[PDB]
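Just below is one structure, and these are the notes that go with it.
Convention: sequence-line order gives letters A, B, ...; per-chain numbering from 1. Hydrogens, waters and symmetry mates play no part in the numbers below; they use all other heavy atoms, side chains included. Recorded method for this deposit: X-ray crystallography, 2.9 Å.
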Amino acid sequence: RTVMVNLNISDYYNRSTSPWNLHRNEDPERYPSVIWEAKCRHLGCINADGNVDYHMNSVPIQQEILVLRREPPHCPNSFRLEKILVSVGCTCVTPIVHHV
Amino acid sequence: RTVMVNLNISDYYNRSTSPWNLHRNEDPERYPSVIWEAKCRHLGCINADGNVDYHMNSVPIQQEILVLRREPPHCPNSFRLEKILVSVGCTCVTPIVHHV
Amino acid sequence: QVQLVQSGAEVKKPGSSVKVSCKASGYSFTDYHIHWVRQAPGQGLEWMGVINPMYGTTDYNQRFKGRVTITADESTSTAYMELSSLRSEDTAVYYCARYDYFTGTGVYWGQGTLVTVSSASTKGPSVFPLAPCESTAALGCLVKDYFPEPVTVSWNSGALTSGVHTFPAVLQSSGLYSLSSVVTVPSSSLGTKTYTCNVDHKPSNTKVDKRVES
Amino acid sequence: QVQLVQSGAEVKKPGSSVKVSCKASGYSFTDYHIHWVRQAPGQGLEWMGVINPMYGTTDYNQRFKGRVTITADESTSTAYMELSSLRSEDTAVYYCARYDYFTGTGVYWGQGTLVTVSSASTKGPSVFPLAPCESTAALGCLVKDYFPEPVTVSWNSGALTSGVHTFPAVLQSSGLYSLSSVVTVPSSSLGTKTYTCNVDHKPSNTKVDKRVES
Amino acid sequence: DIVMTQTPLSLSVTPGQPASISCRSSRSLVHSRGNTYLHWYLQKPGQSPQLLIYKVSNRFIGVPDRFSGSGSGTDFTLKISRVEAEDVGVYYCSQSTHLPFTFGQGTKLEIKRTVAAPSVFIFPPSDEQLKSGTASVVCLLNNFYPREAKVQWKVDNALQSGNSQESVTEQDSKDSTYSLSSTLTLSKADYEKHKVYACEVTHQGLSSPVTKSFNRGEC
Amino acid sequence: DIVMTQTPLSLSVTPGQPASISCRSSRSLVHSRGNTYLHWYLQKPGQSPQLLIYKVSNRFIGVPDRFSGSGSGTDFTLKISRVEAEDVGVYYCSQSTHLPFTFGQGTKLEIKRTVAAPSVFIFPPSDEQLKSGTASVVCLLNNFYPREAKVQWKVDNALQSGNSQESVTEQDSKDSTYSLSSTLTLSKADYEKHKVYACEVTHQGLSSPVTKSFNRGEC
């Protein structure tokens with residue numbers, strides 16, 4: 001399970017029809033400690049008239065990212081690999097219509 | 001530089017106004033070896049009439065991801081941390097108009 | 001089946017903030033949007049805002065400015081509306097509704113929540129009997145001097161429901177509300193049967209039962 | 001300044017695929033879209049497709065079906081159009097154009113690329129002199145029996161340009177092209193000056209210079 | 001904000017008679033992807049709105065066929081072929097095409113049922129209330145139509161003024177009648193100075209006025 | 001696909017005289033966000049199209065004010081106030097509103113300049129060509145207008161038929177004339193059997209026909 005690891009460390013959010021804002025996710029026990037996550041500005045999307053269109057949806061596009069967590073806790077030299085979901089931006093989708 | 005690491009391992013792409021397809025990025029010297037990357041289906045976006053609108057742009061939303069690379073090469077027990085850019089999906093944006 | 005239950009009525013002082021809850025059941029909470037609509041006394045309906053419980057994405061009415069905050073908790077299937085810097089004009093019934101894309105509007109509604117914006121002190125009611133001094137009789141309960149609204153008046157613990165009239169409350173010169181709940185009964189039953197009104201004023205945590213006797 | 005240079009003319013057999021290049025300069029390659037437009041002989045213009053060099057995002061004309069592939073190389077500022085399963089009907093001049101959102105259309109254009117779809121063998125020309133047998137004289141060059149088009153005929157290595165006429169080629173019963181480039185000159189110059197035509201047939205890598213003498 | 005204008009603002013309809021309500025929006029309610037989000041709701045006092053018609057003309061599950069919807073662009077109409085007692089309430093049109101979603105002013109529907117004379121009752125103040133130092137005399141006018149009724153309080157034959165309040169119920173969903181309560185408020189002292197307390201009622205359904213009284217000192 | 005229809009298909013205009021070209025699209029060229037992507041191009045033979053007007057009425061940098069654009073929705077017009085020699089070519093309208101982008105059929109503009117008689121020249125076959133076993137005799141008709149010219153080949157006074165080809169240049173951008181080349185193709189054997197090779201020209205600019213000849217056996 002253990003390996004040797006060497007350390008070797010666009011206005012879209014505003015211009016999108018599904019705009020978003022970045023939110024600070026900070027964890028001192030994690031590397032990267034700070035992760036900037038996208039949160040969709042509206043439920044709907046922006047139409048050709050520049051207004052919010054309720055019949056389209058701004059949805060966050062999420063991806064699995066690899067993070068290091070101190071193991072055991074508060075140990076600066078020992079870590080565990082973790083997979084977390086982060087929102088990197090938002091997209092505009094036509095909604096799903098539900099019936100039974 | 002070296003630390004101990006413990007191993008602990010939605011139709012949006014079609015419904016988006018900026019749809020995309022996933023492409024296989026495989027590297028045997030890397031962990032994760034396989035990364036599925038989004039490539040935008042059109043230059044433009046899909047309008048209310050279901051047609052491609054040239055005056056809007058499908059743009060890929062990219063994020064820095066942490067990957068492990070074998071160091072020295074072909075060594076299964078020793079790695080280096082690397083940061084690469086991956087496209088996780090596409091968004092629809094109004095274009096930038098250029099002039100001087 | 002599909003059901004929306006809101007939190008009980010409240011009294012808030014001007015400048016304070018109110019938080020109304022909306023508990024959903026009978027469907028997958030995350031799959032439907034929750035809208036909030038209000039109604040000031042004897043006025044029309046007014047759309048306040050919307051939440052997508054799946055992602056927490058919202059859209060508000062600009063009229064309320066940055067005073068309304070709508071949120072949803074996936075784990076408790078509950079949505080909440082938070083209205084800050086309360087004005088006398090914010091005195092209203094607040095509703096929650098789940099919308100859908102087939103119908104395109106709000107099908108299922110919460111029962112409502114009354115929010116009284118007042119610097120006035122909460123007071124529980126005083127329940128007095130209304131007994132007479134030919135073959136049909138009336139008896140009732142005077143629910144007097146309470147603040148704020150509402151009260152619930154049942155008869156014989158919900159048994160007696162036919163022929164009951166709980167009158168809309170009238171704000172006396174006191175600044176306190178007064179009301180009467182009445183019921184018509186056969187005169188023959190005056191002896192053979194017992195008539196009790198059950199009064200509940202939730203804001204002041206007051207439950208009173210009065211035996212109506214002639 | 002802003003400039004688009006395309007690759008030289010080609011001859012392709014039916015069923016083969018052609019790849020035309022478009023080298024850009026004078027601007028940031030990535031900031032502007034590159035469109036491809038074609039024109040069959042004596043026919044109108046026809047939009048083939050578009051590439052966004054920044055992301056490789058494309059859009060095509062459905063008429064060509066899945067036969068057209070447009071690509072761009074950021075490092076060499078070059079865009080390419082690849083037309084597969086070539087038909088006689090695909091014989092045309094292919095243009096590249098950079099579009100923009102201010103104008104909304106293609107301002108800057110490439111020079112063009114002629115693609116002849118033929119099972120016919122490539123042949124270099126035969127350059128013969130045209131000398132006479134009163135005070136203005138004409139002399140020229142017969143550029144005969146070459147395939148495919150085009151040829152470039154200059155005079156005295158580009159020196160002489162005034163009064164020159166290089167006639168549109170005529171496809172003889174051979175299946176080979178024939179053409180004449182002529183020039184009018186003062187009769188007085190016949191002796192004092194030397195007249196040479198420079199013929200270049202790039203498809204067959206043929207450069208010929210013929211001295212016109214009477 | 002889209003303005004929704006309803007005409008008429010109120011209506012009094014005989015059960016069995018048809019009813020019509022107009023809704024006009026300040027801008028067209030046709031959405032970019034082709035649907036028209038105009039809906040009809042019925043609200044009974046102190047109850048949530050109930051969906052009647054969605055997307056101009058679709059009846060919601062459980063809504064009787066007497067309800068029908070029509071219109072396009074900016075002008076819409078809700079029709080009721082036969083008005084029934086259960087139809088009492090306030091009708092609203094609503095647009096969900098444009099944010100923010102908007103509702104009309106509302107149209108009140110009153111059921112014009114036949115005259116119903118009230119049953120009149122009088123209640124003396126309770127002995128517990130009197131300990132409090134106040135006397136409230138209550139008069140009940142039960143299940144009558146129309147709403148216009150006249151209640152007069154007499155204390156030892158002298159007509160009273162400005163010491164009584166009224167409260168009317170919402171029109172009933174089943175029998176289409178109203179009920180009224182009149183409360184005379186006196187001090188314990190004033191109450192104990194007089195004997196006869198009477199409640200006098202005038203209503204369209206009564207051939208002459210009805211008096212209900214008591215003598216303080218029976219109860 | 002949007003269909004763009006241009007009227008007329010061809011035009012012959014006297015320099016100084018106005019010109020007008022119509023463009024009608026099968027569907028409105030107005031975009032969702034408000035712009036109208038109708039443009040005008042001029043194409044000179046064997047050259048890329050040059051931008052004249054963009055977005056209905058905007059003249060491109062460097063385009064003289066004689067060019068003007070107008071129209072809306074589906075009907076557009078390009079006007080030239082004074083036609084100049086440099087204006088020769090094919091004019092195209094184009095829409096970039098809807099994918100796939102489309103162009104009109106094109107309108108050819110010919111400059112109706114005054115008659116210009118041709119200068120006629122004749123070239124005997126070269127000695128290198130004769131070694132090849134073929135003889136090509138060339139006749140040049142230089143800088144003439146209109147294009148209609150008649151070239152006749154006589155070999156020892158006998159009129160020739162079906163053994164010669166013609167090629168006309170594109171109308172010149174500066175002097176608005178044409179040039180034609182007629183090539184008579186004979187076998188080395190036929191060529192060596194006759195003496196006089198003549199080229200006879202008929203044109204509007206000539207009062208009578210012009211003959212240019214040679215005798216095989218001077219050259």
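- Located at chains C and E, the drug is listed as ixekizumab.
- In the deposited model, the macromolecule with the most close contacts to ixekizumab (chains C and E) is named by UniProt as Interleukin-17A.
- Heavy-atom contacts below 4.5 Å between ixekizumab (chains C and E) and other chains occur for A, B.
- The organism reported in the entry as the source of chain A is Homo sapiens.
- Heavy-atom pairs under 4.5 Å between chain A and ixekizumab (chains C and E) are most numerous for chain C.
- For ixekizumab (chains C and E), the epitope on chain A defined by heavy atoms closer than 4.5 Å is A/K39, A/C40, A/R41, A/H42, A/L43, A/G44, A/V52, A/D53, A/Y54, A/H55, A/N57, A/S58, A/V59, A/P60, A/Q62, A/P95, A/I96, A/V97, A/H98, A/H99.
- For chain A, the residues of ixekizumab (chains C and E) with heavy atoms closer than 4.5 Å are C/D31, C/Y32, C/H33, C/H35, C/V50, C/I51, C/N52, C/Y55, C/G56, C/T57, C/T58, C/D59, C/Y99, C/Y101, C/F102, E/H31, E/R33, E/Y37, E/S96, E/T97, E/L99, E/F101.
- Checking the PDB entry, one finds chain E called Ixekizumab Fab light-chain.
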